Amino acid sequence: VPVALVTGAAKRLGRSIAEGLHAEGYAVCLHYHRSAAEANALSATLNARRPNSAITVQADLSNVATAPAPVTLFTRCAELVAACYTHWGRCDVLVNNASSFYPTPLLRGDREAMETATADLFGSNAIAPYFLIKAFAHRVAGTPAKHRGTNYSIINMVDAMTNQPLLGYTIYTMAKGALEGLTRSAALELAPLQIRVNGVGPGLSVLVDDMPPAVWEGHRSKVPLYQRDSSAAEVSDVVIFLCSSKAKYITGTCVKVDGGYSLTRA
Amino acid sequence: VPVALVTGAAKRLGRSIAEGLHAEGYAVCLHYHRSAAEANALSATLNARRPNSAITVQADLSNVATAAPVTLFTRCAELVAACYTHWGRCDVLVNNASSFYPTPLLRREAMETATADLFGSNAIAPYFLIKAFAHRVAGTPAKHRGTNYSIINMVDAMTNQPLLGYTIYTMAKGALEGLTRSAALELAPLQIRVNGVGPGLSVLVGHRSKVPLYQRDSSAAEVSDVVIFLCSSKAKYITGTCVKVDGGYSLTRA
Amino acid sequence: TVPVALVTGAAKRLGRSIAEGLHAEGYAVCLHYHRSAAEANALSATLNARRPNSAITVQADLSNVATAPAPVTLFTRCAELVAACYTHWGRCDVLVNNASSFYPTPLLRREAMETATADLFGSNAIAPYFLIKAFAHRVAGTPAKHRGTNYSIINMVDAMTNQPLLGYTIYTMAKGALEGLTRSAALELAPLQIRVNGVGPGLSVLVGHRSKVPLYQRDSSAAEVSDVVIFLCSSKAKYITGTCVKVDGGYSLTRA
Amino acid sequence: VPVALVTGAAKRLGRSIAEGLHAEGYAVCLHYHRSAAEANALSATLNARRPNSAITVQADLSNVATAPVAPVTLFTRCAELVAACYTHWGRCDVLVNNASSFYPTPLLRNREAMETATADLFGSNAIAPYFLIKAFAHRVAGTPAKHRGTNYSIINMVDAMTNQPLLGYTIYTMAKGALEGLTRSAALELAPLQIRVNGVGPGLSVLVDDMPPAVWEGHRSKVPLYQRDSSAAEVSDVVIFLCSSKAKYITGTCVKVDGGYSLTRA
Ligand SMILES: NC(=O)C1=CN([C@@H]2O[C@H](COP(=O)(O)OP(=O)(O)OC[C@H]3O[C@@H](n4cnc5c(N)ncnc54)[C@H](OP(=O)(O)O)[C@@H]3O)[C@@H](O)[C@H]2O)C=CC1
Ligand SMILES: NC(=O)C1=CN([C@@H]2O[C@H](COP(=O)(O)OP(=O)(O)OC[C@H]3O[C@@H](n4cnc5c(N)ncnc54)[C@H](OP(=O)(O)O)[C@@H]3O)[C@@H](O)[C@H]2O)C=CC1
Ligand SMILES: NC(=O)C1=CN([C@@H]2O[C@H](COP(=O)(O)OP(=O)(O)OC[C@H]3O[C@@H](n4cnc5c(N)ncnc54)[C@H](OP(=O)(O)O)[C@@H]3O)[C@@H](O)[C@H]2O)C=CC1
Ligand SMILES: NC(=O)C1=CN([C@@H]2O[C@H](COP(=O)(O)OP(=O)(O)OC[C@H]3O[C@@H](n4cnc5c(N)ncnc54)[C@H](OP(=O)(O)O)[C@@H]3O)[C@@H](O)[C@H]2O)C=CC1
Ligand SMILES: COc1cc(Cc2cnc(N)nc2N)cc(OC)c1OC
Ligand SMILES: COc1cc(Cc2cnc(N)nc2N)cc(OC)c1OC
C-alpha cells in the first residue's frame, strides 16, 4: 500500500489531487494549515470508502519559528514526513501543493504586512518544499535497499503563467521561480535513488468568483481552449499520471496544464 | 470507435505508439515509407486481435514531387483522406515519421535531397497533415464531430543542446515546436489540441551512461505511454505544450 | 584594417539601420536586396559618398526555388553572395541574416501554397543556413595567419514567436528553425571563433496595437534594434554566442 | 553626472562592473560585506581618477536582523543602501544586484548550518535584490517628474547554467530562479516609470582554482568558444551596454554571457 503526502490538501486542487491518488490505491496524508473542518471532512469520506486510508496533519509552512523553545520550519517539515512513516511505515509520493497567493506591489504597525508576507509566500511556495524534499530523500536513503518502494515520485505545483507575470505579485512569482529551480536540482541529485521530481503548472483553475460576474467571465474568456478556467480534475489527473509507473522515465520537467493561456499576448 | 493516424508507424517508437492507441480501442492507420514488410506484419497482429482495426498507407514525406507530378501536400491530404474513406473519421494525428542523419557545416544535390528529406519529414509534412486534419474536422457538421481531437508532434528534448553536425535536423525540430504552438492557438476554437512529446535517448541502435535517471536509454513504451495519456480525455485541458521524456538528460552539461 | 559585413535585405527599415550602424563602426558593407533596387542603390551612394569604396549592392531571391541559367539553386545563389564580399574586398567578417518574408498562411477557411512555403521558409531559414555554411567554408579555407579577429553572425529572429501571431504558422515555424540554426551553428563554429547569435524584435517601425507594449507604449525605432546588432558584433561581446536577445520593450511579458 | 549602486563591488565581476560604469562617467556607490580593504582601495583609485566619483557602504544582505548602533531588518538595511546614493549625490540611476553567496547545500549523503545558509543564500541572491528594487522604485516615484533622470536601469546578475543545475547547489539554484522571476516581474511593473530591468547570466567567469590543475582545466575545456572561463570585462562590458541609452528598448530579458556552455550535454 503506497503512501502519498499532499500539502494543502483540504480543498480545491489539493483535494482533487488527494482524491485522485486515493482512487489509485494510495493511503493519503492530508496536510492543512487553517482548513481543519474541510480536511477532517475529506479524511472521513476517504476512510469510509477504505478503512485506514487517510490521516490529517496541521502545519504552518511559513518561514517562521513556532511556539514551544521555538520550533523551526525545517523541524515542522520533517514532522510531516515522519507522520507518514509512523502511521504507515512508508512515504512514496510528495505533492508540494500548499501556497499563499496575494499581491506584494513594488509601488505604493506596518512592517507586519512586510516581513510576514515574505516568509509566508516564500516559505509555503519554496523553502518548505525544499525542506520537505530533503526530509523525504533522507528517509528513502535511510531505508535499506531491500525495503524501498518501487515508484518514488515528487510533484511540485508551479505556475504556467509566471513567464508573463501577474502585475503586483512579485514575491509569489519569485517564489514559483525558486520552485521550478528546486524541481530541476532535486531531479538531478535524487536520480540515483530513483526519486523522480517533476512539476505541474496550472494556468487558470477553479477561478475564485469573489468579483463582478462580468470581470470573472473576462478572465476565463482569455483562455484560447474552451474559453474557461479548468476544473480541478483537469489538473489533478495530470499529477496522478506523472506519479504512475507509466511515467517512470519523466523527471526534471514542468508540464503546463493551461489550455494555451501561455501562448497569448496583450 | 475513434481513429488514429500514426506516421512512420512501422517500427520502434511509431510502432509502440500505434500499439498503445490500439490498446485503448482506437482503429489505427499505420503509415510507412520503406518498411512495407514490418508495417504489414503489425497490421496483421492488430487486425487479428480486433477485426478491421488497422490499415497501412505508403508515402514519401520528403518535400519533393513523386509518381502529372504529385506534390507533398497532395500526398499528405491522401493520408488523412484514407482515414475518412475507410472509417469515416480521424480523431488523432501523431507526426512521428522522421529522418535523422548529419548535415555538417564544415568539411551538391546530395544536400538538396537531404534538405527536403529532413525538413519535409520533420516539419513540412506535419504542417500539411495538420492542415488537412483541421480542414476535415471543420468540414464535418458540428453534431457529427468527435469529442476528443488530439494531435501529437514528436519533437526532441535535446535540441536546446544540439547534437554536433545535425543542423538541418535540429532546425527541423525547432520548426515542429513552432508548429505545435501556432496550431494549438489557431485550432483551439475547434477543440483540437496540439502538443509535443520530446524523447531524449530512446531504444538506441556509450553516452547512455550519462542519463541521470537509470543511466540508460528509454524503452519505446516509456515514451509511447506519454503520447497515449496526452490523447486521453483526462488531458483535455493540455494544449500547446511540450513534454520531455528524457530521464533528466537535458539537465546535464559537459 | 577595414572589416566586411554582408547584410541581407539591407535596402530599408531594419536592414538599412543595421547596415548604416555597421558602416559607422568602420565596416565595408555588402548590401543585399531582392526587389528594392532603387533604395539599395541610393543607400550605397550615401555610404560610398561618406567613405569611398565602403559599399556595394547585390541582388538575389532567397526563396527556396531554382532560377533559370541547368537551373541556379538557392545554395549557389547564397554562395555567390558570400563570394561577392571576397571578390571585392578579400574578406567577410560579419553576416546578418535579416531578409524575411512575412504574410499569413492560415490553417482554416495551390500555386501560392507551394510558393509561400519556399518563400517564407527559404528567406527566414534555408537561405540563412546556406549563407552560414558558405561563410564558414571561406573562413575555414583562409590560412590561420590571414583570418580576421572578430567573426560574427547575427540572425534576425522574433521575440513574440512563443506567443504566435494567429494565422502566421509557416513564418512562425521558419523563425523557430532560425533559432535552432543559431544554437547549432554557434556550437559547431566555436572552434573557428565564429560567434552566432540572435536578435529578436517585438514591434519595430510599423506601417492601438503598440499601446500594449509595457515600455513607452509604442513600437521601437530601427536604431533601437540595430544598435543591439552592432554591439553583439563588437569585440566587447566576444564571449557571447548561441544566445537570443529580445529587443521588445517587455511585449513578451504580456498576456491576453 | 548619473549614479550607480553596485552590490558586492569590492572585487572580481562586481569591481569590473563598477570600473566599467565609472569609465562611462558614472559616480559609483561601491557596496561590500566583508571586503573592506579591497573596497576602499577601489574607491581610492576611482576618486583619484575623478574627484568625488566613489563612496562605500557596508552591509550584510543576508535575510537576518542585525544589531543596531530593536534590531535592524534586511529591508531597512537595503533602503539605507539606496538612501546613501541620494544623500551623497541626490540621485540613483543604475542598480546592479551582483552580491552573491555560492556554496553547496546537499540534499543527500548526510543544524546551525542548515539555518544560516538559507537566509544567506536566499537573501543575497533574491530577497535583498527584491527590497533594493522596491527602494529604488519608490525613490524614482517620489522624485517629481521634472527632476527625474532619463535612463533608469537595473541589472540582476543571474546564471546561464541554472537550467542545467550544479549538483548539490539547490538553494543557490533556487535563489537564482527567484532572481530571474524578479527581473520579469519588476520589468513589467516598473515600465510606466521607464525603469528597465534586465538580467546578465555568466557561465564560467574567473574560475576559482582550489583544486588540482587537471580538474580546473577539465571544467575550462568544456566551454565551446575558446575552451576557457571568461574575463571579468567580457561580462561587465555587457552589463555596461545594457545600461547605455542605446539599449533603452530592452527590458525583462536575460542575456547569457557563457561562450556556449549552456549548449553542451554530458
Ligand atoms: N488555481 C490556479 O488558477 C493556479 C494554481 N497554481 C498552483 O496550484 C497549486 C494549487 O492551486 P489552488 O488549489 O488554487 O491553491 P490555493 O490557493 O487554494 O491554496 C492551496 C492551499 O495552500 C495552503 N496554504 C497557503 N498558505 C500556507 C502556508 N503558509 N502554510 C501551509 N499551507 C498554506 C492552504 O491550506 P489551508 O486552507 O489549510 O490553510 C490552501 O488551501 C498551488 O500551489 C498554486 O500555486 C498555479 C497557477 C494557477
Ligand atoms: N529515438 C530517439 O532516441 C529519439 C527520437 N526522437 C523523435 O522521436 C520520433 C520517433 O523516434 P524513432 O522511433 O527513433 O524514429 P526513427 O528514426 O526509427 O524513424 C521513424 C520512421 O520515420 C519514417 N521516415 C523516415 N524518413 C521518412 C520520409 N522521408 N518520409 C516518410 N517517412 C519517413 C521511417 O519509416 P519507414 O521505415 O517506413 O521508412 C522510420 O521508421 C522521431 O520523430 C524522432 O525525431 C527525438 C529524439 C530522440
Ligand atoms: N519589424 C518588426 O516589427 C519585426 C521584425 N522581425 C524581424 O526583423 C527582421 C527585419 O525586420 P523588418 O525590417 O521589418 O523586415 P521587412 O519586413 O521590411 O523585410 C526585410 C527585407 O527582406 C527582404 N525579403 C523578403 N522576402 C525575400 C525573399 N524572398 N528573398 C530575398 N529577400 C527577401 C525584402 O527586401 P526587398 O525589399 O529588396 O525585396 C525586405 O525589404 C526580419 O527578419 C523580421 O523577421 C521580427 C519581429 C518583428
Ligand atoms: N563567476 C562565475 O563563474 C559566475 C558568476 N555568477 C554570478 O555573477 C555574479 C558575480 O560573480 P562573482 O564575481 O564570481 O561573485 P563572487 O562569488 O566573488 O561574490 C560577489 C560578492 O558578493 C558578496 N556577498 C556574498 N554573500 C553576501 C552576503 N551575504 N551579503 C552581502 N554580500 C555578499 C561578497 O562581497 P564581500 O567580499 O564584501 O563579502 C562577494 O565578493 C554573482 O551574482 C554570481 O552569482 C553566475 C554564474 C557564474
Ligand atoms: C489573470 O488574472 C488573474 C489570474 C488569477 C489566477 C491565479 C494565478 N495564480 C494562482 N496561484 N492562483 C490563481 N487563482 C488570479 C487573479 O487574481 C484573483 C487574477 O487577477 C489579477
Ligand atoms: C562546474 O563546476 C563548478 C562551476 C563553478 C562556476 C560558478 C557557478 N556559479 C557561481 N556563482 N560561481 C561560479 N564560479 C564553480 C565551481 O566551483 C565551486 C564549480 O565546481 C568545481
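So you know, we letter chains A, B, ... as the sequences are listed, proteins then strands, and number each from 1. Header lists the method as X-ray crystallography, 2.6 Å. Atoms within a ligand are numbered from 1 in the order they appear, just like the ligands themselves. Computation of the quantities below employed the complete heavy-atom set of this structure, encompassing side-chain atoms and omitting hydrogens, waters and symmetry-equivalent molecules.
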Drug name (ligand 5):
trimethoprim
For this session: Look up in the PDB entry the name of the chain making most contacts with trimethoprim (ligand 5).
Result: pteridine reductase 1
Item checked: Other chains near trimethoprim (ligand 5) (non-hydrogen, under 4.0 Å) -> A, C
Does any N or O of trimethoprim (ligand 5) fall below 3.5 Å from an N or O anywhere on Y172(A), backbone included?
yes
Does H219(A) approach trimethoprim (ligand 5) within less than 4.0 angstrom via side chain, backbone, both or neither, non-hydrogen atoms only?
side chain
* What is the closest UniProt-listed active-site residue in chain A to trimethoprim (ligand 5), and what is the minimum heavy-atom separation to the nearest 1 Å? -> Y172(A), 3 Å
Closer than 4.0 angstrom: is that true for some heavy atom of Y261(A) and an atom of trimethoprim (ligand 5)? yes
Under 4.0 Å from a heavy atom of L204(A): give me the atoms of trimethoprim (ligand 5) that qualify, with their elements. 4 (C), 5 (C), 6 (C)
Per-atom contacts of trimethoprim (ligand 5) with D159(A), taking only distances under 4.0 Å to non-hydrogen atoms:
9 (N)
ask   = Do any UniProt substrate-binding residues in chain A have a heavy atom less than 4.0 Å from trimethoprim (ligand 5), and if so, which?
value = none
Q.
Contact between trimethoprim (ligand 5) and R255(C) is defined here as a heavy atom of the residue under 4.0 Å from a ligand atom; is it met?
A. yes
> Which residues in other chains are near trimethoprim (ligand 5), meaning a non-hydrogen atom under 4.0 Å away?
Replying inline: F101(A), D159(A), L166(A), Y172(A), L204(A), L207(A), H219(A), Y261(A), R255(C)
Check trimethoprim (ligand 5) for close polar pairs with the protein: N or O on both sides, less than 3.5 Å.
from: trimethoprim (ligand 5); atom 1: 2 (O); to: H219(A); atom 2: NE2; distance (Å): 3.4
from: trimethoprim (ligand 5); atom 1: 11 (N); to: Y172(A); atom 2: OH; distance (Å): 2.9

